[PDB]
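Model: ATP-dependent Clp protease proteolytic subunit 1 / ligand cediranib.
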Amino acid sequence: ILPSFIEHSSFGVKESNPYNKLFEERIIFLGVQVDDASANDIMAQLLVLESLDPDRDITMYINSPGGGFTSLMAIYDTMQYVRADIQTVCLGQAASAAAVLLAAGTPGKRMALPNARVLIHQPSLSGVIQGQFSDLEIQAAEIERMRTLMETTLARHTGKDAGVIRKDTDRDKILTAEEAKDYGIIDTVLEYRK
Amino acid sequence: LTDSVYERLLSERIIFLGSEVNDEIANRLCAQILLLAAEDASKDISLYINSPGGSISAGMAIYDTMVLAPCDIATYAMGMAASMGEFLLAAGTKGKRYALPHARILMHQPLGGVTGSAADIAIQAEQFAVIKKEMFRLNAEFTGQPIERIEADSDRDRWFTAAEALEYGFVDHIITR
Ligand SMILES: COc1cc2c(Oc3ccc4c(c3F)CC(C)=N4)ncnc2cc1OCCCN1CCCC1
Ligand SMILES: COc1cc2c(Oc3ccc4c(c3F)CC(C)=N4)ncnc2cc1OCCCN1CCCC1
Ligand SMILES: CC(C)C[C@H](NC(=O)[C@H](CC(C)C)NC(=O)c1ccccc1)C(=O)O
Ligand SMILES: CC(C)C[C@H](NC(=O)[C@H](CC(C)C)NC(=O)c1ccccc1)C(=O)O
């Protein structure tokens, strides 16, 4: 389904849909696994919103199980390159690479809803990649360089040292909203305005 | 029955590594050497090899068993002795390593995969470097070639005809008979 709705004004009538309405309010939605296609969609949106008005903040709603590493660094870099500030908001969960995107919003403007959860863990490889020992040595180095790169951007945004991060993500670490606040990953826990 | 001929050749103290080296052929092949040595610890065991290669661990089972045996193991390359086949071929008793005239030998570096978390792959990689090193140390020992040449020549598949394999050091003789 996903209904569309109609707004009106003396200038005319506008039909649109929830996501469009959100985008009109400078809200991006990252509610899927970060993959190549997704990363492109989000970058496209970041750059576009940055073009329309670079002095106004961009908000990213995050409800994601994470995604691929270079897709993560594609979005992370765009988020940092853009002029406009980025308010990050965790609705349901920000896990792995999602947790890094949550932490990477501009200081003071990173938040999460009270029952959200942040998972932090190190780069895994569910698949098997095969080759000569010479080819794998290269891969292992690249996987190690990726791992520590996650640790130092996480460190950069949580205020912690990469050594701590590296120790905490050795095994999965699940955080509640309040705990993610304590950890440095977000700044405030949203209170119900009802 | 294929197995009747194989047991007849067993009494003749002939055994066959005729497939990819895996744990099942290795365990059969290690059992056979334990048997034959139990029967006569002074008569030689003939191992004919025709193999694409396979598991190093399976091959080290066989190789150590070959070496701890009381008797000599004569290795014969029929058709193809590749990778782990080549290793086991070169691992037979010095002077008693044979190549049939049209057999080919292949040597190259180890193959595998990585998988799992970054910390698990880090450990996998530690072993890649440990094992590779020891694999070259041993082939350099069988052939008489410097560990620098084994490493360099092993980087990508290098094939040897029977005559070339004898030059390099994989075998001591070429059977004309
Ligand atoms: C043959 O397999 C493996 C063997 C492994 C192994 O063996 C050796 C034993 C003795 C030995 C050497 C070995 F290298 C060298 C030497 C000199 N002496 N040593 C370390 N690590 C291994 C990993 C292996 O593979 C694990 C991945 C495969 N999994 C995924 C799917 C099925 C199973
Ligand atoms: C029969 O297969 C192969 C045989 C190969 C081979 O054999 C010989 C051995 C002794 C020999 C001659 C050979 F030609 C001529 C001669 C005179 N004496 N020499 C070199 N290279 C080979 C590659 C082969 O196949 C490579 C890929 C196939 N794999 C991939 C996946 C499934 C199967
Ligand atoms: C070692 C990794 C980078 C290889 C790569 N893994 C991934 O891309 C993961 C995504 C899949 C959904 C598992 N990414 C992560 O595990 C991850 C965790 C935390 C931050 C960034 C990335 C692969 O080829 O599978
Ligand atoms: C002596 C070497 C060059 C023989 C080579 N064997 C391998 O590299 C094995 C191939 C896999 C079993 C398919 N790999 C391993 O035994 C191994 C050991 C440890 C870690 C990873 C892989 C050949 O092709 O015969």
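Proteins get letters first, then strands, A, B, ... in listed order; numbering begins at 1 in each. Both ligands and their constituent atoms are indexed starting at 1 by order of listing. Quick note: numbers below take in every heavy atom, side chains included, and nothing from hydrogens, waters or symmetry partners.
All instances of cediranib are found at ligands 1 and 2. Other chains with a heavy-atom distance under 4.0 Å to cediranib (ligand 1) are given as B. For cediranib (ligand 1), the residues with heavy atoms nearer than 4.0 Å are B:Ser55, B:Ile56, B:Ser57, B:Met60, B:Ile131, B:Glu134.
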